[PDB]
Every structure is written in structure tokens, then in C-alpha cells.
Amino acid sequence: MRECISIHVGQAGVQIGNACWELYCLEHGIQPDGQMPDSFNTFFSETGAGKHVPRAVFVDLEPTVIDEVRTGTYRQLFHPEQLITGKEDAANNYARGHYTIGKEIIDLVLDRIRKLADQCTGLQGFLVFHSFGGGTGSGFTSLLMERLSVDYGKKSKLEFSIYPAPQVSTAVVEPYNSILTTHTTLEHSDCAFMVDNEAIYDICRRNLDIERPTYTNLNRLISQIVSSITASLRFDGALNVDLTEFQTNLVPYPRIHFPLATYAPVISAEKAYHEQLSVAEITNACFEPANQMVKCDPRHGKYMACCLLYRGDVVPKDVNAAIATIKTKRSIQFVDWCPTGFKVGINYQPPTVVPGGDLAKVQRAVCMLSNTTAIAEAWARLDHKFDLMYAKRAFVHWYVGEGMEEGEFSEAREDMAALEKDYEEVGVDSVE
Amino acid sequence: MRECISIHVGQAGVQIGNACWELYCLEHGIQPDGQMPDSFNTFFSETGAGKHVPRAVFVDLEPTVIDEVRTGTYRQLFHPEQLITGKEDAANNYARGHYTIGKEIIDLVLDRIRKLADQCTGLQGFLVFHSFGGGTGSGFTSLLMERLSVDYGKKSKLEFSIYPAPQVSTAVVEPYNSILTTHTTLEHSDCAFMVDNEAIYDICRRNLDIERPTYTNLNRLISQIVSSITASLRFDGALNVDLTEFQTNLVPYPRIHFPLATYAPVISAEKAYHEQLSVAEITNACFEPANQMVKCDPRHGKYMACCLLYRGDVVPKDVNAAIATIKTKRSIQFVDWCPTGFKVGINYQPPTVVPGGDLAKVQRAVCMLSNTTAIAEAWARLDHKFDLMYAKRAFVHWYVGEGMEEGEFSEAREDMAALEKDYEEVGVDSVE
Amino acid sequence: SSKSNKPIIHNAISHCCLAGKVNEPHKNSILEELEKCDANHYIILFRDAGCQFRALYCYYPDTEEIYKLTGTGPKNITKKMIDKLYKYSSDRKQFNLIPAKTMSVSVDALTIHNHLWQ
Amino acid sequence: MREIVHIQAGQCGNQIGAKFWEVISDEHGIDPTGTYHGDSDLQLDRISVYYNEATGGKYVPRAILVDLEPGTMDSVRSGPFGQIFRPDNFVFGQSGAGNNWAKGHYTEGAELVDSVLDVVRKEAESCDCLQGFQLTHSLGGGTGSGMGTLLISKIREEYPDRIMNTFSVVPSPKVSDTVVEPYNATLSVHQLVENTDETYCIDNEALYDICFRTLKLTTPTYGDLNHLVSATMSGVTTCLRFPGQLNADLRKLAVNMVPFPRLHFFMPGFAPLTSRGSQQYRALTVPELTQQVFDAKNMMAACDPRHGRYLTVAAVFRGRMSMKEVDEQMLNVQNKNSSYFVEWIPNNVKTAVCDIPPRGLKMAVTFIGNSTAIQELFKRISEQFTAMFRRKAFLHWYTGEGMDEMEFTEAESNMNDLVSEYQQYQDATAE
Amino acid sequence: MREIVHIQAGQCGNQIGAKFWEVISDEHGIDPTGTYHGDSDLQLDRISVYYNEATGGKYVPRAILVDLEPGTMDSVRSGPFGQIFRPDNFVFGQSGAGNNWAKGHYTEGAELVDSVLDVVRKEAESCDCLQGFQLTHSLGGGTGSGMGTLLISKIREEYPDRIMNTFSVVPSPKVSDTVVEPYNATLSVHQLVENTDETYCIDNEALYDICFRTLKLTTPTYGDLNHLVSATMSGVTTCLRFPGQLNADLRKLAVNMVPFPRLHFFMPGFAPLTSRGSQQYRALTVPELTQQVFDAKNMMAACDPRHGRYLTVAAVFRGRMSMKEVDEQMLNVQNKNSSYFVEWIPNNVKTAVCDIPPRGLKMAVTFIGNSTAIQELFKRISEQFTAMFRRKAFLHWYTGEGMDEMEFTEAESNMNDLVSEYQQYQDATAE
Ligand SMILES: CC(=O)O[C@H]1C(=O)[C@@]2(C)[C@H]([C@H](OC(=O)c3ccccc3)[C@]3(O)C[C@H](OC(=O)[C@H](O)[C@@H](NC(=O)c4ccccc4)c4ccccc4)C(C)=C1C3(C)C)[C@]1(OC(C)=O)CO[C@@H]1C[C@@H]2O
Ligand SMILES: Nc1nc2c(ncn2[C@@H]2O[C@H](COP(=O)(O)OP(=O)(O)OP(=O)(O)O)[C@@H](O)[C@H]2O)c(=O)[nH]1
Ligand SMILES: Nc1nc2c(ncn2[C@@H]2O[C@H](COP(=O)(O)OP(=O)(O)OP(=O)(O)O)[C@@H](O)[C@H]2O)c(=O)[nH]1
Ligand SMILES: Nc1nc2c(ncn2[C@@H]2O[C@H](COP(=O)(O)OP(=O)(O)O)[C@@H](O)[C@H]2O)c(=O)[nH]1
Ligand SMILES: Nc1nc2c(ncn2[C@@H]2O[C@H](COP(=O)(O)OP(=O)(O)O)[C@@H](O)[C@H]2O)c(=O)[nH]1
Ligand SMILES: [Mg+2]
Ligand SMILES: [Mg+2]
């Protein structure tokens, strides 16, 4: 009765969504046909015959990555009106995905979203899976969050961004894109979750002992986080937390709405033995400066608000045991104007492991969503990568030639300059 | 409830620990796999599925001897996170185990120690096994005992040194490594035990009638000492001594904390017959100058505080018999200011023989630990093996070239000549 | 007779940070002043974690005097203003990471905070 | 389906393309007839990027072959993979350019250009969505420099929103093959800095040494040099028509690689390059393929990358591998060579990974350079232009064909304007 | 995994190494192809100390072979165990050193050193953690004394904290093979005592007698002398690549051995050395293997150990044995020979025990001497330098290559500085 739909912009969103929708079809027994041998009406609008089809829109400008889905294992599952393609990709260009190419098929997207809200009596929220690097994921998304805020306004709009790494970069104009796509999503989103690649490569090597992972084996980890925020809308928990509740407990100022996810336990199949994994143990796995999936140091900044999302056979006395030890510790510094810094969620489901996978089978798990000050250092980086390229006017002429002002960048950096000063505004402690 | 962990720095600690952790698994019925077909919680933190794992940290600087354990019979038992290696060993060089190589991975050791104290509510003490010879055993231990006394301070710390023999030597700069490591460990260790290699060859040849032993057959004997010092934690007896009770009953002054060890009975299978092995007999097996495990003459010095650790089937009236006869005897001279020189434990466990062993099956045993003045000659020896190899400035340039003061050696021996005089200071008897 | 890192720093500037023939006039501007200082230890100040050379220091153990010889930056730094510790692997000819944080003779290069450049 | 049109101008372009379509057709299972004989359907999901389907299951190359003497056309038509072309495409005159620029761009070029463009106009109408035009010509001959850049200036009037990547062949420093090739190359850079988005510069001097040292060959025929260039030529579009973990087309390689609209002359590179017997003494790993690439002994442009500095770098890998290794090795060869990369473009290594190797290997790297290392390539030609202009030798073969003397002063001032801008960003640093 | 690079040079070093890689390949079960065919995994747990894995299961030796005439390199390439190498390693000139120190260090060495180090740099990149460099050369030849000392001075500028052990072959006292080899030995000791951590010293005069007396052979070919030398060369690093009770490496045998940074010239020794039929008359025990070692009739350096005294002694044993005997026998041959060991170093016998015998034996001892006994070996050559310099014969073949007359006055003053220190510690006593 509370339904939530999911959009997939760009190459990054579709390949994440392949790992997502494969995982839900294992939690519920759903075949690739949509058959099954019922609280899952939140994602699966059924048919008069036995078939469940997802509430997903796979939008892209190049038809390349979509043809895997139209020919792969989950061809039969999706609805062939959803899979909107185009002709030319935005091609690492914000000014093509927002002014030129994305303007063409923005109407076919919003018409298809219109036909998915009408099957929903109690429409809950939006999920956008998009990167910051490429042109489609950062330029077509910034158009799309603009349109749904005018169309709806009241509904909760969650993103799951892919934050560009401080050390690994697979693009050259990538700091031009992330400044422009933050100017737009700042006022028309609700809670953008930050995920980095470089921090997952550390987690895939140290905690998992896999030397050679793939985008496949990274996307199995981002699927588990997405399947942990929305596992409270899909099962019968002792303490359920809604997507309308994450917007309140984590956003103290309308500018600052950038948490960073963390999952635990992340262990191999052979190290699944040799340790006991109680909730007094797996809680301390989360607050490490080495298990966060964003390359930042949480000992530099301060946690404004945590949000622990337990699941499995977890008992809420031991949660009180686990949490009370934490804010007695010295290195973890909660913010002084905020005496309460948690939000607990217990669900009655163990995490389900995909066959041919890498994560071990555990009976209890935790996602951790937390809004720390420490991402201000990660925003200090993209202003320094911006000013080393704009001062020499590098790569400007590919953006001017698709409808852009040459002074629009310096206006958009001034947004990021105000956003940089807001974290330091909060991280101080006004006494008396 | 009284948990005790064990670090094995160097090559000497690991192969002793191979003889040690083979022995505890034979006592408690623990398989090599970790299964077993309730008081043993001090060394074996269990798991939800029953598979007990030891509390061990096997730190080394070369990966050579560690890979034997990762491929040996006890591969499945240990936790594979624990086994910390490096790339280049210190290689009989104190200046590489404390300033160059062991500094690089000192954080990997302490962080894994940090993840072992947190499972322990009743943390009892430490068991650092090392030698004095090599650079890893003497330079990394002198680093590690510095860090844990800062971290903990209150906890009890026990060493099991492999003291360098007076006449056998398997190294060339072996008197350089001890004077540097004793200067460091003197104010951080708390009760270090001295075991020689040479005096065990005397026992393995004479009392056992094995002309050709091995380090294997020299480490089964040191396994029996360590099993019997901690035989009162793991079991239930008529009179149980504790690890905190050793550092009170054996330490008369904060400098003098070097007790040497002695085990009895040590007889073969053929001589297991032909004699009776009474408690009135095995006590007199300990105080012989030929049954020690440190090449020193105990008749040249005075016992300051003995400590007998009986076990098996011992009746405490006979301990009143066997002790009261001794300090009436003439040659065994105690110290005149100490009218009371014993501390007795009676346990209800016989010593267990490892299959494929050399020792006999006995129904009673004793691990005498004795603090005496007679080790002052063993410290007067290395100072003579120091000034000869320092007057010519021999082997100095391999130490200076790794961050070392060339005037530090004159300071380090100066903090040995004071310790040389303290045993002579205590050994005299101030009248009136 | 003591320990130094002058043959390592001379090896490191000439092969990893200023190796190309573009920086060959700039390499001579710094290398000729290194032969005159009598410091036993030296250390290299980069800018980012991408290890681009911008400054060179000299380090005095037992006093932690981190006076500046060449480059651009502060005259003296402390242990408060440090981020990472590098070591010049003569094996690989690449600056690796030391997970420790104590500034000793095995440490060859470092990074400072972003606050010291704004 | 993002269709590409392949023009072949000059003698050299007709001989690279006669091997290039032999190179492509083994990646799709195509006989000399034009019918399909491959195995996997992934050959045929994007077969329509280069091919038009004919009746009966055949396929023809979307290829247009332009010459002036009819000698090389018969060699293509008599040889294998010659009948697969369309007989309507072979446009050629009857005079021959005579190794002359003013004859092939002004005199004889202005009489056969209309018969070319009407087929170029025809081949664009069969396409669904036109991606862009690739051209294959020399910079030293009369035809490929005179008839070639005539076709660029007409097309960029006609198709302004289309990428245009000429895969030029640059003259060599030590050995030459034309007395007046400094004259025929300074006149063509005037057209190529203003009308093509990117231009992959390739030499012959550095291309023999790759055949001599790395391949270990004794007698390298042009059928073994163009065999090597055509490997790079498919590898640029190897992810425009095959699935991958991370993708690249002809447009992503134009935005990331071109910092300024004039500085767009690139330089290739390829790996692995084994021997006949030394293929079994090296490991086939992603860190091994990377260190082969960044040598100066593998760049097909005869200039040292250690002279000058890089501005941007592409690396279009092929085959199946792991994305962690690539993202670490591209980090690895940036830190130890941070003097070679420029500072004011941070993290400047564009990465792209296909899922399909070349037919027979396991993995391979195509490499694109963009450097100030070609500042002496133009400085060398602009000196041989200048010294042959002071005595003004060989001029009457140009002036008599309808060219004024001022045009030589214009293009020389154009090229010294280009060399001055490479020198500008090589020394400009931020603070 | 502590990898070791095996550089070779000269005619002597190649023929030693061509038997040495025959020697190692039996301890690891490597065929002439390069594919594994052994029995136990202990051959393959530390196989990477001397090898790189190739594609398909093959292995290649980490070996770099340097010459100046191509005669010996063709000889190794034609024989068996010659195709296993990397063909990119065989660096050779075209001139030949001409049995000349100046021509192999100034004239021809300075032109072919760059093609060596660029492959030395490549083999260092394949290593995880580089242990050090072992080099095999002469001290009397032209190449191995001039080109060998160039690859040390160029490497210690590059890898200053790595162990550099040469296994030189010292000229013999009575028999010779070169008229000017007293001039070549004085020019290398200037280069070896400042840049190599240790240097094993081998004569041929001491090496024929062991083939005659102890082995009981009548026709010792070099393939039976180098067969004996390569048992020692494998015996030092066999504790670095096999499990043991008490372990040693190329570093523990450098701190326990060299008391002063100049005095690092070692004299090896091996046991057992049976005959073909006299193997069944001696007992194969640890007390028997020791008394064969400490004779003067088994030392491979032609000098009397009984003249002068030992400073340090390493005894790297092999095979399975009992640790009591070894700790007693080394005590036994220190007390009865207490006038042969020095006083101010007490208990100076470094023990090392491996767990693996040589393939076919039961136990074996590799001995590493360090003595004042090699003070007359330098006193001999400095006397053969002195007579031939007073007449200054054979000088114009060196002066004509850019060498000054002062340089011979430097090294002979340097070698008398070496002799003066061995005499300084032979009589230095403590009180
Ligand atoms: C039994 C087997 O596996 O044989 C291989 C082979 O032995 C090796 C040695 C090949 C071989 O290449 C050459 O010897 C060579 C000759 C002249 C110039 C350049 C190369 C091969 O001839 C080349 C050939 O390449 C292809 O099939 C690719 O698809 C390649 N095709 C052509 O170049 C081609 C050749 C003739 C006719 C038509 C096309 C290609 C590469 C990039 C882009 C498109 C196509 C391969 C794998 C082999 C042989 C047959 C021996 C190597 O080359 C290539 C380009 O793959 C040389 O080093 C590689 C490693 C290969 O393993
Ligand atoms: N986690 C993850 N990141 C991915 C994946 N695929 C791409 N990315 C990241 O996405 C960024 C590149 O953006 P893309 O999505 O490929 O580009 P695009 O949205 O298609 O835009 P254009 O191609 O320019 O039109 C880089 O940071 C990639 O690392 C994936 O499967 N998983
Ligand atoms: N009792 C006993 N002593 C041993 C054993 N192994 C080594 N030793 C002794 O340990 C000393 C040598 O120190 P090692 O532990 O081997 O050296 P290390 O700690 O590894 O240090 P480096 O190798 O220099 O880095 C000698 O006195 C040996 O007799 C063993 O199994 N048992
Ligand atoms: N790589 C390559 N270069 C060629 C080939 N044929 C000719 N060239 C080069 O092209 C130049 C001569 O130009 P050419 O194309 O024949 O003259 P045009 O017909 O008037 O354009 C010289 O630099 C030749 O080396 C070929 O097959 N391959
Ligand atoms: N042990 C040994 N010595 C050799 C061998 N070949 C040459 N020598 C010695 O090497 C010396 C001659 O030097 P050589 O290496 O041939 O000259 P180079 O090639 O100029 O370095 C003489 O003392 C020879 O006895 C060999 O195979 N084994
Ligand atoms: Mg895209
Ligand atoms: Mg060791």
C-alpha cells in the first residue's frame, strides 16, 4: 500500500540496477519470468495472471548498456515500455545531457513515470541511481530531479550517487561535471547517499581477500546497502523505519543532506568461521575509519547523526549494550549541540546471499547511514580540482558550444563555496 | 572469565608456540580442526558453531616460519587474520627490529591486540615468547613491551626468554642483542623467565638417554613449563595460584625479576619403572645443580624466593614433609632476611604426554620457578662478552646505519653494571 | 661515520619526481644547493597525495628541526600539521605508504593538510 | 546505431584500408563474398555501424575510395577482399595528382570532387544516426593532402555537428620519400587545425623500429607496417560496437582528450607486441601491458614523450580483466612519472575497457597520446619549409597551378602559431 | 618473496652460470623447457626467489648475461639449458674486451653499459621485495674485472641499500693464464672494497688439488671445476628458499660475518667430497662432515688458514640432522683449535641448518670462511704489481685508453691499506 519507484539514469545506474533487481528476485522467490512458486506490492505491481513486474524505468541516451538487459537473463521480467533508450550518449558532457540530448526524450520519461504513479494508491518515494562522472548520470538527472519536484513536490526523493574518488579517476572533465550537478540537486533532492569506488576497492581487498574484483563485484556491495534501507518497507520488523523517516532524523539543515553509507559484516566465505559476529562486535566494525565506503577520515570530522539499520536475529537489549559503549569512547566525537545521535532499526530478516557471490552467509547484518562533517574535506577537493582547470580555461569550449554561459561555472562554484562554509559553520560549538 | 593472550615474537616464539598450542589442544580434547567431541575459556574464544580458536598473535618479520604453520597440521585452528608477517627480517640486528622494519608494522600488531582485548572482560595478562638472539626476537619485543605498558600499564606481563648459552652460541653478535634488549625490557616487562638451550641438552642426554635431540625435542620440555605455570587457571585444584600471584611472591625488588625454571620428573620410558617417583623424591629432583634449565651453579648463590607448582595426585601433608626437610639442609642456602621462601600450588591434573613423545607418563609433576642470586654470574658473563667485542668497535657499523647512537652502547651497559651490583647488593646480609 | 639519506634523496629527485627532460633546468636549480647543507636526514614535501614535488626540507632528529632549504611552503612544520608518511622504495622507484605516523629516518616524504595552502 | 562512414584518399589510404577492411572482417566473420560465417551474435548486434546489409544476407562496407590515378584501384579490385566493395564507390580521375598539392587541391581536385560528394551524400542517407567521418590519408603525397583536405572543407560546410577524425600519416625525420614533402605538409596543417576535431599522427621512422626490435622482424613489407596501424585503427572504435564494463565512443575520446580546440594532434600506441618465439617468456598481465605502453620505444610518432609533457592520455583496453588492476596501474604510472604529466590537469588518464579481445589473444591495449612531445615534429617541418623557401626552389610547380606566394607565408605563420601554443602550456603552471 | 637477481659477466661467469642454472633446475624440477616436473611443493613454495612465472606454466631464470664478444653467448645459447633464458637479456658487444681493464671499463664498457642497466631496471620491477644482486665474474680477465666493476658502481648509485655479493675468481699463485692479470686484480680491489658487501674468493690452484686428491679424478675439465663451485653458490641461498630449524639468508650471512666494513673477502669450502668408490669407507655423520671442513686441504682459496687466524665462521649445513651434535661439534672444533680463532670475538661460529639435502645426498655442509689467511693473497699480487710497475712494462696498452699513471699509484696504496688492516687485527689482543 506504500509503493516506491526507482529510476536508473546513466550507465552506472543501470549496471547497479542489474545487481539490485537480481537481488530482490532472490529475497521473494520471484522467477526471471515474474512467476513465483504478500507485502511485496511496494515494488511489484502484479498482473491478472501470475506475474510480477518491477516499478523501474531504465533511461539512457546510448542504447549500448540497455541491450544487455533486453537480451540477458532478466529480459522477460521488465516491461518493454520502461526501457527508454535514445540515439547519442551525452558523452562525458553535462551540457549535452541537460541542454541538447536530454531535452529530446525528457517527455517520454515523464510520461512513463506518469503511468507508474497511477497504479500507486499510496506512493511513497523516488530512487535515482546515477553517477557524477558521465554526462547522462549527472546532466540528465539534474533535469529529472527538477521536473519531479515541480510535478510532485511533497514526495521524498532519494538519490544513490556515485561519488568520484580522490585518487582514482576514469574521466578528465569529471570535476567540471560534479560541480554542475551539485548546483542543481542541492535544492530538488532530499537525501543523496554517497558511495565511492576507491573505498570499495579497499573493502574488496582487505576485508574480503579478493585481489581482482570487477564492477560486478563492486555492485554486489551497493545492492546490499540499497536492499537494507528498503527492507523495512518489505518485511515484518520489530522496529521498522520508513523512507519518510530517514528524511527527518538525518537532515538538520536543508543544505546538509549528504550521508555516507557503511555495511557490515563484509567477510569472505572462509573467514565466516573463526569469529562469532555478535551485535556488540559488528557495531564496532561500522565506526572504523577503514570500513566506510567513502574515502574520508571520520576521525577528522564529527558525526552529526548516525542511523543504524540492523537486521536478522538481533535482540534490542544487546543493541542498547552496543550503542551505550560507543558515545563513552573518546575518538568518536558527536556534535556538542546534539545530545542524541542515533536511530535504530531492527528487522526480522537475515541478509540473503546471491549464488555465485562473494559475501558470506551471516545471520545478522547492519547498514550504517551517517551524516558526518568529514565530507567537507571531500568537497574541499573538488573545488581545488575545479580551480586548476578553470583558471587555464581548459575544456571549456566543449561546454560553451551546447548552451552554457562562460560565467555559469564561477556562479556554480560560488554555490559550492557556500556549501563548504556550511559544514565548518556547523562543526564549531557556539557556547552560551 | 580470566582471559590471557599470547604473543610470539620471533622465530623462537613461534616454534615454541607450535609445541605449546599442540599441547593445550591435547589436554582439553580440542581437535586440530577446532571441534571438540567449560573452564577453558581463557585461551579459546568459541564461535556460534562450535569451533574454538586460540588467542594467539604470531608476529614475524620474514614470512618463512609462518608459512609452515599456515600449511601444517594446525592450519584450520588459528585465526588467519592473526598471522602477521613482513618482507625482510631484522636478520640478527637489533637496529632493524626497533627502528627500521618492526616500526613499519607495529600498528598492525597493536590493532589486532586491540581486537582481542574487547572480547575479554577479565583480562589477566600477557605471554610474550621470544629469544634474545635474533633481531626480531630482541628488537621487536623491546618495541612491543614499550607499547603495551603505555596502553595498559596495570596488566601483568610475562616473558619466556631463550637466554643465550655460556658455551653454545649460534650467533656472532648475540651479546650485542641482549644488552640492548635488556636495557629496554627492564622497566616494562614484569616477570621474565630464563630458559637456556645448553642446559636442556644436558637433560635430554643424561636424564632422557637421547643422544640426538632436536629443537622439536627441546620445545616439548618448554611446553611442559608453560602448560604448568598456567595449569591453575585452566583447571580446578585444591590450591590454585594466579598469574598476579606470581609477580607478588617472586619479585623482591622492581629490578630483580628474573626467575629460572625447572621441571621434574624428566625420565624416559625405560626408567619410568625401576623407581617410585614420590613427592618426597620429586621435590629433591628440583634442587639439584644438574637438573636446572639455566647453565648456572645454584650452590654458588642463594635462593631468594622459590615457588613450587605441584600437580596431579599430590597430598598436601607430604608437601609439608618435602619442604620442611629442605630448609633444614645445609647446602641449599636461602637469604637471611627472607625467613619464608615458598609458594605452593596443588592442582588436580596430571601432566599429559603428547603422542609421539619422549617423556614418560607420570602421575605427579612439579614446575619449580626459582629466583636466585646465582644468575649474577650469567650477567657477569655477557658484560665480559660485551667489552671484548666493543673495545675493537666490532660489528658496530651494522647498527649505526639503522638509526642508532654509537654512544648508546656505553649507556646500555651502564644500566647493566647497576643490575650486576644489585644481585650482589641483595646477596649480602646486613646485620643489626 | 654516521647514517644519512643524501644518496637516497639524490637518487629520488633525479629519477622519480624530476626525471623528465622538461624539468632538467629546474632539476639543476635544486640539486646544486643540496651538496652544501650538512644535514644527515632530508624529507620531501609534496602537495597532494598524487606526490607532485614542490618543496624540500632538512630534518634534525632529537630536536625535530624541519628547516626549509628549497621550494615553496612554510619554514617549519610540526607533528600537528602532518597527514601521511612516505618511504622511497629503491626497489620500485615509487614512494610507498608507511602506516605509522612517527617522523623517523626511514621516512622520506610527507604531505601536509589542505589548510596550509589556502 | 551510430553509423560511421569510412573514406580512403590517396595511395597510402587505399593501402591501409585494403588491410583495414581485412582487419575488420575477421572481427565479424565475413567472407570475401560478403556473407556471414561467424559464431557469436555479438558480431552482429552492431554489424550495422560499418556495414549496409544487402539482399540475401550479404554486407557491403560503407566505404568510399578516392584516387586520381587509377593504378591503385585496380590493385584493390584484383586483390582479395576487393569484390566486397560497392562498384559505385570507386571514384577516380584520369590524370594522377603527380605528387603536387596545388594540382590535387585546386587544379585536378576541383573536377572530381562533385562525383565524390554525391556518393558521400548518398551514403549518409542510408544511415540512421550518423556518428561521424573517418579519413585515411598521407601528409606527404599529392592526392591525400590535396584531394583529401578538399573533402574536409566541403564536408564541414555540409555536416557541421559531426566528428571528423583523419588518421593522417606524417613524414619521418631521417628518411624521406619526397623532395617536396615539407611543402606538401605545411599546406595541409592549415586545413587540419581548423576543420578536424582530432588527427592521429603516425610516422614511418618509429614504425620500422617497432617492427625491427619489438616484433623482431627481418624484412618488414608495407603489408606488415599497415598490418600494425590497422590494429590501432579498429581499437579506437572497439567499444563503439561491443559491450564493456566502461565504454568509449568516438565522442568521449574527443571531449576528454582535447583541452583546447587547436591542440588536437594525437599519437597512438599498442600492446602487446610479442615475437614469433618470445611470446612465451613474458606474462600477460594488466601491469605488464601498461609498462609496455608507456615506453618511448613504442610510440608510432617519431618523437620522445620524455621530451615535452603529456596533457591527456586515453587507454582503450580490450579483452576480459579486472577493473581494480586498471584503476591501480593507471594510478601507478602517474605517480612515478609525475614529472612527465602536466600539473594543471589533475588525474588525466581516460580509461575504457571492452569485453571482446582481438580475435585470438586474451587482452590488448590501444593507446592514445596527447602531448607537447610533437612540438619538435612541427618544428622540424617548419625548418625544412623555411630553408627551402629562402632559395624558393620547387616553387614554379605550385605557382603555375594557380597559387599565390602569400599562401606560403600564411601557412608558415599558422604553424609557428601552433608551435608557440604548445610551448605556452608546457611552461604554464598554477599556484 | 625476497627475490635475487643473478647478473653474469665475462667468459668465466657465463660458464659458471651455465652450470649454475643446471644446478638450480635440479633443486626445483625444471626441464630444459621451463615447465615444472618435480615432486614436492617445497620446490614451488619459494620458486619465485629465482624465477618469473611465464604464461602456460613456464618459468624463466631471473638472469642477465653480459659480454663484449658474442662467442660465449652463442655457446650458452646453443647448448642445453640455454633456451630457458629470456632472449631479451643476452647483452653483448661486437668488439671483445681484449683482455684489458681499460677497454672494458672506459672504452667499450662505457658504450654498452646502458643496454645492460635498462634490463637490470626491468628485472627489478618484476620483484616484489628485492633482496639483492649476486654477480659472477673474474678478477684476471678483461671483461669480468672491468665490465664487472662498472655494473657495481652504477648499481650502488641506484640501489644503495641492497646487498651486493660477487663471487669472484681470484688469480692463482703458481699457474697463471694471463700476462697482465696482476694489473687487472689491483684495479678491481679498488672497486670491490667500496661497493660490495661481501665477496667470495676462489682460486684455481686450490681447486685442481681437490679434484685430484679428495675427489680422485685424473682429467678435471672446467665442467668439473665449475660443477664444484656451483655447489657452494647454491648452498648459500638454500636457506633463503627452504624451511629450516635455524635459518639464514643473504643478510644474516653479512652481519655475522663482516666485523669491519672493508674486511669482507670470504673463502668458501664444501663437504662431503667422496670418490666414485671410496664413498663406502667413511661414516656420513655430523662429526665427520666437520673435520673434513676445517682442513686446509679443502679450502677453495689457495692460502693456509693455519697461517693467520679466523675472525668469523659460518657453517651452513643441509639435510636433516640433530641440533645437539651441531651445537657440540662447533664447540669441539673451537676448543681444540683455540689458537686458530681470534680472542676478541668469542663464540664466533654462525650455524645454519636447512631441512632439505641436495638431490640424492643425505647431508652436506657449505662453509664460509673469513680470515686473516688471505693477507698473503693480496701480498702476493701486490708484489707482482710492484715489479711490473718499476719497469712499467705493458703500460701503453692502458695509458693509450685514457688512463693516468697516478691511478696505479692510488690502488696499490689502497691495497697496502687493505693489507695493513689484516695485519692490524691479527696481533690485536685485549687485556
Ligand atoms: C595460433 C595463434 O594464436 O597465433 C597468433 C600469434 O601467434 C601472435 C604471435 C600474433 C601474430 O601476429 C604477427 O605475427 C604479426 C605479424 C606482422 C605484424 C604484426 C604482427 C598473428 O600472425 C596474428 C593474429 O592476430 C589476430 O588474429 C588478430 O585478430 C589481429 N589480426 C590481424 O592482424 C590479421 C592478420 C592477418 C589477416 C587479417 C588480420 C588483429 C589485431 C588487432 C585488431 C584487429 C585484428 C594472432 C592472434 C596470431 C597469428 C596468426 C600467428 C601477434 O600479433 C597480433 C596482432 O595479434 C604478434 O604478437 C601477437 C601475439 C599472438 O599470440
Ligand atoms: N559502481 C559503479 N560505478 C560505475 C559503473 N559503471 C560506471 N561507473 C562509474 O560511472 C562513472 C562514469 O559515468 P557513466 O555512467 O559511465 O557515464 P554516463 O552516465 O553513461 O554518461 P555519458 O556516457 O557521458 O553519456 C565513473 O565514475 C565510473 O566508475 C558500475 O557498474 N558500478
Ligand atoms: N628453544 C628454542 N630455541 C630456539 C628455537 N628456534 C630458535 N631458537 C633460538 O633462538 C635464537 C635465535 O633467534 P631467532 O628467534 O631465530 O631470531 P629471530 O627472532 O627470528 O630474529 P631475526 O631472524 O634476526 O629477525 C637462538 O638462540 C636459537 O637457539 C626453537 O625452536 N627452540
Ligand atoms: N604506412 C604506409 N605508408 C605508405 C604506404 N604507401 C605509401 N605510404 C607513404 O605515403 C607517402 C607517399 O604518399 P602517397 O599516398 O603515395 O601519395 P598520393 O597518392 O599522392 O597521396 C610516403 O611517405 C610513403 O611512405 C603504405 O602502404 N603504408
Ligand atoms: N673456474 C673457472 N675459471 C674460468 C673458466 N673460464 C675461465 N676461467 C678463468 O678466468 C680467467 C680468464 O678470464 P676470462 O673471464 O675468460 O676473461 P674475460 O672474458 O675478459 O672476463 C682465468 O683465470 C681462467 O682460469 C671457467 O669455466 N671456470
Ligand atoms: Mg553513457
Ligand atoms: Mg627471524
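Reminder, nothing fancy here: chain letters follow the sequence lines and each chain counts from 1. Values below: every heavy atom of this structure, side chains too, minus hydrogens, waters and symmetry copies. This entry, so its header tells us, was determined using electron microscopy, 3.7 Å. We count ligands from 1, going down the list as the structure has it; atoms in each ligand are counted the same way.
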**Asked** Which listed candidate (metocurine, Taxol, reserpine, indinavir) is the molecule at ligand 1?
**Response** Taxol
**Message:** Just trying to sort out this structure - which chain has the greatest number of contacts to Taxol, name per UniProt?
**Reply:** Tubulin beta chain
**Message:** Any idea which other chains have a non-hydrogen atom closer than 4.0 Å to Taxol?
**Reply:**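 Those reaching under 4.0 Å with a heavy atom: D.
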**Message:** Hey, quick one: what organism does the entry say chain D comes from?
**Reply:**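 Per the entry, it comes from Homo sapiens.
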